[PDB]
Amino acid sequence: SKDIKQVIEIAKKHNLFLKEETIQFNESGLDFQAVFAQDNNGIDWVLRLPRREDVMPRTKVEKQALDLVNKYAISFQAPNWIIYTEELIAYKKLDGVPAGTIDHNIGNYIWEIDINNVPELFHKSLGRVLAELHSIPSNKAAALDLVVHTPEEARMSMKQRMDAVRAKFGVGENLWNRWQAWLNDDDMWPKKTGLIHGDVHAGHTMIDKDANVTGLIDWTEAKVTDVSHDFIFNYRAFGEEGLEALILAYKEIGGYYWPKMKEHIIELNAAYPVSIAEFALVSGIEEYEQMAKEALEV
Ligand SMILES: CC[C@H]1OC(=O)[C@H](C)[C@@H](O[C@H]2C[C@@](C)(OC)[C@@H](O)[C@H](C)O2)[C@H](C)[C@@H](O[C@@H]2O[C@H](C)C[C@H](N(C)C)[C@H]2O)[C@](C)(O)C[C@@H](C)CN(C)[C@H](C)[C@@H](O)[C@]1(C)O
Ligand SMILES: Nc1nc2c(ncn2[C@@H]2O[C@H](COP(=O)(O)OP(=O)(O)O)[C@@H](O)[C@H]2O)c(=O)[nH]1
Ligand SMILES: [Ca+2]
Ligand SMILES: [Mg+2]
């Protein structure tokens, strides 16, 4: 009840007037508490209540990415932080629903689509969305604090991140030689980079009733690098068929394509343990430590 009252008062201080009976809390994270509420005009909002100091420095990158997408992109919605202070971030909820959500059990997906009959519009729409995203001219930005890689630098980045993980955690033997083989295969690696979302998965892909992707949320991992990261979810969730469907739609609307694109994404997928290990470090959450160690094949 006091939580509810505080939400109302913080929102009110930012001229956001809420229906108290609609206020819903997600379980807080280390960084903020996510809150849902409807305003006095019937409009649904998403609030982030900060739980750490230095809100502006820690959100600079996400906000730069959001600014780029809101300026340039028409095929998808992204959060537009109409309220952006150290005390509150809030945006009008995007249309649609997440295609799936990570549950609070094993962590499997609770799906809004039929995993055994994925609508083909999901892949066609996501391919259009990603092709638009990855061609945004991040260079026209006067200021850019996103990580920015050339193709060569994206490869060196993966090499370094892998060495780093093999030295804090160690890395299984056979997994390493796969990784190193991938790194050393010139023809496999893309010759172009782009602005990526960096955390594309069903929980962040908003869909309409026909499973068109209409929006993307949670842009904290945005950067200019290998576009391949935004294809990984499709491969993991939908296998080779959903990966191929996404690549096809992307290529056919003009997205960057190279002959070994599928094979490269599959090798990047095998490097997924690098990202879990890194999250374990930054978050300090014991569950991700054990998750990282199993994924790294100690
Ligand atoms: C397709 C099957 C599965 O789903 C996938 O694999 C997802 C695409 C996967 O994501 C894939 C693909 C990719 C590109 O992230 C979208 C990669 O970074 C991660 C490691 O794995 C998710 C989104 C990961 O969650 C991401 O973990 C990152 C380390 C941080 C990131 N965010 C917070 C910045 C977060 O979203 C996570 C670590 O798997 C979440 C964790 C709580 C529970 N998993 C262990 C479950 C059981 C999954 O295995 C799965 C449901 O069975
Ligand atoms: N349906 C919907 N959910 C949202 C929206 N924005 C945030 N969320 C939800 O709030 C959760 C947390 O928000 P997110 O931006 O991903 O922050 P996180 O807690 O750091 O992952 C998400 O997993 C979504 O379920 C939105 O526009 N629509
Ligand atoms: Ca995030
Ligand atoms: Mg999220």
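The PDB entry numbering applies to chain A: residues 2-299, in that order. All ligand and atom numbering here is 1-based and tracks the order in the structure. What's counted below: heavy atoms across the whole structure, side chains too, no hydrogens, waters or symmetry copies.
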Which chain accounts for the largest share of heavy-atom contacts with ligand 1, under its name in the PDB entry? Macrolide 2'-phosphotransferase II
Identify the compound at ligand 1, choosing among nystatin, azithromycin, venetoclax, quinupristin. azithromycin
Which other-chain residues or nucleotides lie under 4.0 Å from azithromycin (ligand 1), by heavy-atom distance only? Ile103, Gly108, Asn109, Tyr110, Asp200, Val201, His202, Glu222, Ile233, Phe234, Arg237, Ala238, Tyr273, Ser276, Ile277, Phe280, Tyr289, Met292
Tell me the organism the entry assigns to chain A. Escherichia coli
What atoms in azithromycin (ligand 1) come closer than 4.0 Å to a heavy atom of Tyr289? 42 (C)
Number the atoms of azithromycin (ligand 1) from 1 as they appear, then name those within less than 4.0 Å of a heavy atom of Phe280, with their elements. 29 (C), 30 (C), 33 (C)
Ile277: numbered azithromycin (ligand 1) atoms lying under 4.0 Å from its heavy atoms: 20 (C), 29 (C)
Which atoms from azithromycin (ligand 1) have a heavy atom of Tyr110 less than 4.0 Å away? 4 (O), 7 (C), 8 (C), 51 (C)
Does any N or O atom in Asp200 lie less than 3.5 angstrom from one in azithromycin (ligand 1), N or O only? yes
Can you sort out which atoms of azithromycin (ligand 1) are near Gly108, meaning under 4.0 Å from one of its heavy atoms? 43 (C), 46 (C), 47 (C), 51 (C)
Atoms in azithromycin (ligand 1) with a heavy atom of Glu222 nearer than 4.0 Å: 34 (C)
Geometric N/O contact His230 with azithromycin (ligand 1), under 3.5 angstrom: no
Short list, please: which atoms of azithromycin (ligand 1) are under 4.0 Å from a heavy atom of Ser276? 18 (O), 20 (C), 29 (C)
Quick one: which azithromycin (ligand 1) atoms are inside 4.0 Å of a heavy atom on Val201? 16 (C)
